[PDB]
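The model presented next includes ethyl 3-aminobenzoate.
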2 protein chains.
Amino acid sequence: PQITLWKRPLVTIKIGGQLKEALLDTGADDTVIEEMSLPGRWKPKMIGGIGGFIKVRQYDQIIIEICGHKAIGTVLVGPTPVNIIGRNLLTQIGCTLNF
Amino acid sequence: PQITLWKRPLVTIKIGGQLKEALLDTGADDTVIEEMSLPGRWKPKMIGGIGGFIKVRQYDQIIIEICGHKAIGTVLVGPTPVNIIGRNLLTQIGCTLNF
Ligand SMILES: O=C1C(=O)N(Cc2cccc(O)c2)[C@H]2CNC[C@@H]2N1Cc1cccc(O)c1
Ligand SMILES: CCOC(=O)c1cccc(N)c1
Ligand SMILES: CCOC(=O)c1cccc(N)c1
Ligand SMILES: [Cl-]
Ligand SMILES: [Cl-]
Ligand SMILES: [Cl-]
């Protein structure tokens, strides 16, 4: 698909058996999702941006379906105001910027 | 151009006659640049990120080149951790997400 940027590029994702809305975010290195259960070991991480940093839990080898495209990668879980699909998963669905 | 996301989508911009590096950020509604001098009056704005908020100065109708593409629009100035080109200007240069 081609997604314009007149509004926030929000898409439906499936993760851990749950449906969520998430923002395709080329400015994000990492993918960060609101609190939810995920399988496996985790380690703590701090991620920062405007406003400062939040503490998240890092889970690896998590499968996500993004707008119908399956990908696997690291997913951070924590108190993010918005669910964010970052570059680590955008690459896996073949997402590019074009102009 | 077509820009992949294996690395940060950093580009050269020109603003106030000077070249700077900036990130093409589809997760950002607005464009925010590090402290610099811009002409005219400014208005207050707050922008929200993953860790909270910052106050910024809003300047309108600012001339700015992004990857050599000419734009004129709203530029926010403040303590952003990186120069960010957001959707307000990405739309002006005809930028889309594709996969
Ligand atoms: O503030 C943030 C933010 O926290 N991040 C960083 C981030 C967020 C999530 C994961 C990750 O690895 C990094 C940025 C990333 N793009 C816009 C995310 N923003 C929003 C933003 C920024 C500038 C101007 C705006 O109008 C909006
Ligand atoms: C502490 C470093 O902060 C960041 O990576 C960042 C901040 C604002 C926007 C974006 N896209 C990234
Ligand atoms: C308080 C509202 O916060 C946001 O709009 C936001 C947070 C993190 C990443 C991005 N891209 C946006
Ligand atoms: Cl990953
Ligand atoms: Cl590729
Ligand atoms: Cl604008």
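Sequence lines set the chain letters: A, B, ... in the order given, protein chains first and strands last, and positions in each chain run from 1. The header says X-ray crystallography, 1.4 Å. Heavy-atom basis, side chains included; hydrogens, waters and symmetry copies ignored. Remember, it's 1-based here, ligands and their atoms both numbered in the order they're listed.
In this structure, every copy of ethyl 3-aminobenzoate sits at ligands 2 and 3. Contact analysis gives the chain with most pairs under 4.5 Å to ethyl 3-aminobenzoate (ligand 2) as the one the PDB entry calls Protease. Heavy-atom contacts below 4.0 Å between ethyl 3-aminobenzoate (ligand 2) and other chains occur for A, B. Close contacts between ethyl 3-aminobenzoate (ligand 2) and A/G27 involve ligand atoms 10 (C), 11 (N), 12 (C) [criterion: under 4.0 Å to a heavy atom]. Only the side chain of B/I84 comes within 4.0 Å of ethyl 3-aminobenzoate (ligand 2), counting heavy atoms alone; its backbone N, CA, C and O stay farther away. Of all the listed residues (A/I50, B/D25, B/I54), B/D25 holds the heavy atom that lies closest to atom 11 (N) of ethyl 3-aminobenzoate (ligand 2).
Those atoms of ethyl 3-aminobenzoate (ligand 2) that come under 4.0 Å of a heavy atom in B/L23, given as number and element, are 11 (N). Protein heavy atom at the shortest distance from atom 2 (C) of ethyl 3-aminobenzoate (ligand 2) is B/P81 CB, 3.8 Å. Residue contact check for ethyl 3-aminobenzoate (ligand 2): B/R8 places a non-hydrogen atom closer than 4.0 Å to it. Of all protein heavy atoms, the one closest to atom 4 (C) of ethyl 3-aminobenzoate (ligand 2) is A/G48 O, 3.6 Å. The binding site of ethyl 3-aminobenzoate (ligand 2), defined by non-hydrogen atoms within 4.0 Å, is formed by A/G27, A/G48, A/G49, A/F53, B/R8, B/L23, B/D25, B/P81, B/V82, B/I84.
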